[PDB]
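In this PDB entry you will find ciclosporin.
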Amino acid sequence: XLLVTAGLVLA
Amino acid sequence: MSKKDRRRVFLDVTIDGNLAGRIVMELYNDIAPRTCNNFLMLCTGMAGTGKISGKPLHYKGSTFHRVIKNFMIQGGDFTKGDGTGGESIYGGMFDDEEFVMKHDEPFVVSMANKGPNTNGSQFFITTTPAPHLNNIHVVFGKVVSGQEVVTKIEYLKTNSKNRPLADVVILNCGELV
């Protein structure tokens, strides 16, 4: 999807 | 608050070695002093070495490892280059300042993280309103020049993990005094 993370990337 | 206290920084980008232009951002130290100080110290790299990382606290040489069309571009991971690294100047990670600014406009600069108080060095620049990020990510600055370089980077062809096929490098960075 649309998130901005550092390590556990989601859709 | 003092607009006078707001500093300016830049990111000179290259795509597969070719000059792509400069991104100039205005940091809001009057609204996110701790966060903005991190960003600027990281552009100039004058903060030394990572207490935990060991590698230099400097965006210079790092890349924009993840890009999503119609959304944002992410980079700043100067310790792993894959999105699992990065480190603030304060040693390790630091806390989330008041979520005063929102992603209600395109081209604002924000901190990428992995949950509450997990601000490292990784940041993103949006190219569209991203309200679903409000209160979860700290917005510290805004692009005032070169938003076309961002658009250029955002629409680059990517692999299945959204990494640009080409090497997008922050060939240089610093402050505009």
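The chains carry the letters A, B, and so on, in the order of their sequence lines. Per the PDB entry, chain A residues shown: 1-11, in order. All chain B residue numbers match the PDB entry; in order, they span 1-177. Values below: all heavy atoms of this structure, side chains included; hydrogens, waters and symmetry mates excluded. Non-standard residue handling: map to parent or X, exclude extra atoms from contacts.
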Provide the full list of ligands or chains for ciclosporin.
-> chain A
Which chain makes more heavy-atom contacts with ciclosporin than any other chain, name per the PDB entry?
-> peptidyl-prolyl CIS-trans isomerase 1
Residues within 4.5 Å of ciclosporin (heavy atoms) = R66(B), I68(B), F71(B), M72(B), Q74(B), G83(B), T84(B), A112(B), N113(B), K114(B), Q122(B), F124(B), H132(B), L133(B), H137(B)
Residues of ciclosporin near chain B, heavy-atom distance below 4.5 Å | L2(A), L3(A), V4(A), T5(A), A6(A), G7(A), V9(A), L10(A)
Look up the UniProt domain of chain B holding most residues in contact with ciclosporin.
-> PPIase cyclophilin-type
